Every structure is written in C-alpha cells, then in structure tokens.
Novice: 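The structure follows.
Here the PDB entry sets the residue numbers for chain A, with the shown residues being 1052-1098, 1103-1344 in order. Structure determined by X-ray crystallography, 2.0 Å. As the structure lists them, so they are numbered: ligands from 1, and atoms in each ligand from 1. Just the heavy atoms: all of them, side chains too, but no hydrogens, waters or symmetry mates, feed the values below.
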Amino acid sequence: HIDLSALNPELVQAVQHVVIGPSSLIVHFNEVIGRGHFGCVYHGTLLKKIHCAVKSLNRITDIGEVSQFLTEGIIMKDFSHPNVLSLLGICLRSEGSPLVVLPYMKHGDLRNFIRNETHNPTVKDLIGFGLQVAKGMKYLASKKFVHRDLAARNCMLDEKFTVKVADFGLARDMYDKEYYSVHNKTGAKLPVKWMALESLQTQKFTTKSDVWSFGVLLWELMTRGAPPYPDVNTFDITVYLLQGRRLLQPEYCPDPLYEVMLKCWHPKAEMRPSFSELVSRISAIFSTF
Ligand SMILES: C[C@@H](Oc1cc(-c2cnn(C3CCNCC3)c2)cnc1N)c1c(Cl)ccc(F)c1Cl
C-alpha cells in the first residue's frame, strides 16, 4: 500500500513517462528468478506478449525509501544502448509497492552462464563478452553515469547472446549476498572485492573505479566465474591492495588481456585506461581470435 501524491511531483512526472497499467502486466509470483534485499524478481509478460523480468520493491515498506530509490533510478529511462539493460516501465498500483519491469534475459547473468559446465565458453567467447561489457560501460561513462557495482553477476545475456550491463538504476540490488560485506568504511554492504583501492579508502566511486571493477570482471570471465581473492578476508582486501598485490593471471588469459587487467588496477586513478581505450584495446585482442 503506497500513495502517489506523497512523492515529489517532478518525480511523479518522470515515472509517468514510463508507467505501465496493471491491465497490461501479468506477474507469475510462483516463478522466482532472483531474490534481492528490496524484493524478488519474477517472470512476467507485458501486453503483443513481451517476456519480462518483474522486480518487486515490496520489501521496501516505507515511502521515503521508495522515493529515494525511484529518484535515483529513474534516469535509467533515458539510457539506450544495446549493451545496457533498458527499462520497459514501472507498474504503479493502488495497493502494493511499484513493480519494476525489465526485458527478460534468457541466459541470466554472465557469471552463472560461464560457470555452467555444459556451456564451456571458449577464450574467444569470453573475450567477446568482455568487449560487449566495455562498450556498454563506454556508453554509461559518456553519460557521466557511475555504476558502482560492475561485476559478472550483474551483466546479463539475452537470447541473441547480447550482454547487457545491469544491476543499476531501478534494477539495483544485491542478488548474490555472498559478495557484499559491511567490512568497509561506509558500514553498509558493499562489493569490496570489486572496489578500487581508493574507493575503499575514500568511500567515493568514480568512472575510474568502474574501470577497476571492469578489470576484476575480465578476470572473472577468463577464470569462467571463479570468485576473486578466495583466501583474502574482507578484513584484509584494502591492505592486500595497498601492498601492491593483484589478482593473478588466469591460465587461459592471453598476456595482452592480463596486461589490460593490470592497467585497470593501477593505484593512481588517472593512470588507468578509459572505457574508450578499453574498447579499442580489447577489440584488437579479440580480432587476433
Ligand atoms: C532484476 C533482475 O533481472 C533479470 C533477471 C533474469 C534472470 C535470472 N535468471 N534467469 C534465468 C537463467 C538461469 N536460470 C534461472 C532463470 C533470468 C533475466 N532478466 C532480468 N532482467 C536481475 C537479477 Cl535477478 C540479477 C542480476 C541482475 F543484474 C538483474 Cl538486472
């Protein structure tokens, strides 16, 4: 049970650009495809029948939470890139929290996809995916949008095997709680093993800290979904990194790709490549395959 007139009126305007009428949407509450802190994700169809993922915000009880979340996430509607997850719309209803409607990604997240033993993606496949992520990160960077949680678990694969950078905006949530820790300066749950050393030190996230995360993401690809720093405690990641230590070369990571990875983790944020640079670099590496 959530009210409409209780929100900032400018936000209600923005949301109404992308409103879905309950009549247009069927949600299958028996078909859970994800569980987040804010709510579950379900199979749904938007009618002309589009298969979608429906994110419930029903664990957000309070209106001040909903407003803040919608305010921060609504910018998602003004993004359009084939390597960025789009927003189909927000279904507002008279009783219950707003439902966030997204395109259904048939192959789920990149991490579970590449970990599936029947899939056995080749080095070429894996580099391909990585290049697709860099392209969507390039777009977001150009919009001055800082992701804050770039990771393989947060990039989706559609039915055409197009990678969509996700878990941002109205989709934002922790869908794998194993990888978020309160052992950081902010005190709140953060993906510490994906975060730039400076972000751990200063609490600030930037496009250049997203590049650091992209480096970790590439490493996840080449390892086919191994968890980074398995013997480093969340208590220790900052000092591990301060000591100049880094994720080691995956067995089937080509040397130029590891080189790229090391550049992404340069202690000096100004020294790391742009996503523009990363696209060119990985594209050339891709082309050797
Ligand atoms: C909000 C939710 O969105 C989707 C999940 C899924 C999804 C999850 N799993 N699967 C299937 C593939 C593997 N086996 C279970 C079903 C599809 C598809 N499309 C989505 N838009 C989501 C989840 Cl659950 C996890 C990470 C994300 F970045 C996002 Cl954005």
Novice: What's the drug at ligand 1 called?
Specialist: crizotinib
Novice: Out of curiosity, which chain makes more contacts with crizotinib than the others? Name from UniProt, please.
Specialist: Hepatocyte growth factor receptor
Novice: I need the closest UniProt active-site residue in chain A to crizotinib, with the non-hydrogen distance rounded to 1 Å - can you help?
Specialist: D1204, 8 Å
Novice: So which heavy atom in the protein is nearest atom 13 (C) of crizotinib, and how far is it from that ligand atom?
Specialist: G1163 CA, 4.5 Å
Novice: Around atom 30 (Cl) of crizotinib, find the nearest protein heavy atom and jot down its residue, atom name and distance.
Specialist: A1221 CB, 3.6 Å
Novice: What is the overlap between the ATP-binding residues UniProt gives for chain A and the residues having a heavy atom closer than 4.0 Å to crizotinib?
Specialist: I1084, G1085, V1092
Novice: Specify the UniProt domain of chain A contributing the most residues to the contact with crizotinib.
Specialist: Protein kinase
Novice: Per the PDB, what organism is listed as the origin of chain A?
Specialist: Homo sapiens
Novice: Could you list the atoms of crizotinib found under 4.0 angstrom from a heavy atom of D1222?
Specialist: 28 (F), 30 (Cl)
Novice: Specify the protein heavy atom at minimum distance from atom 9 (N) of crizotinib: its residue, its atom name, and the distance to 0.1 Å.
Specialist: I1084 O, 3.7 Å
Novice: Which part of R1208 is near crizotinib, with near meaning a heavy atom under 4.0 Å away: side chain, backbone, both or neither?
Specialist: backbone
Novice: Give a yes/no on crizotinib: does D1164 have at least one heavy atom closer than 4.0 angstrom to it?
Specialist: no
Novice: With only distance considered, is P1158 within less than 3.5 Å of crizotinib through an N or O on each side?
Specialist: yes
Novice: Are any of the N/O atoms on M1160, whether in the backbone or the side chain, positioned under 3.5 angstrom from an N/O atom of crizotinib?
Specialist: yes
Novice: Is it true that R1086 lies under 4.0 Å from crizotinib, counting heavy atoms only?
Specialist: no
Novice: Which residue and non-hydrogen atom of the protein lie closest to atom 1 (C) of crizotinib, and at what distance in Å?
Specialist: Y1230 OH, 3.5 Å
Novice: Can you tell me the protein heavy atom closest to atom 11 (C) of crizotinib and the distance?
Specialist: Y1159 OH, 3.4 Å
Novice: Name the closest protein heavy atom to atom 20 (C) of crizotinib, giving the residue it belongs to and the distance to 0.1 Å.
Specialist: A1108 CB, 3.3 Å
Novice: Does crizotinib have any atom sitting under 4.0 Å from a heavy atom of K1110?
Specialist: no
Novice: Taking a cutoff of less than 4.0 Å between a non-hydrogen atom of the residue and any ligand atom, is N1167 in contact with crizotinib?
Specialist: no
Novice: Report the binding site of crizotinib using a heavy-atom cut-off of 4.0 Å.
Specialist: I1084, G1085, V1092, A1108, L1140, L1157, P1158, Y1159, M1160, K1161, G1163, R1208, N1209, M1211, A1221, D1222, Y1230
Novice: Between crizotinib and the protein, give all atom pairs where both partners are nitrogen or oxygen and the distance is under 3.5 Å, as lines of names plus distance to 0.1 Å.
Specialist:
from: crizotinib; atom 1: 19 (N); to: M1160; atom 2: N; distance (Å): 2.9
from: crizotinib; atom 1: 21 (N); to: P1158; atom 2: O; distance (Å): 3.1

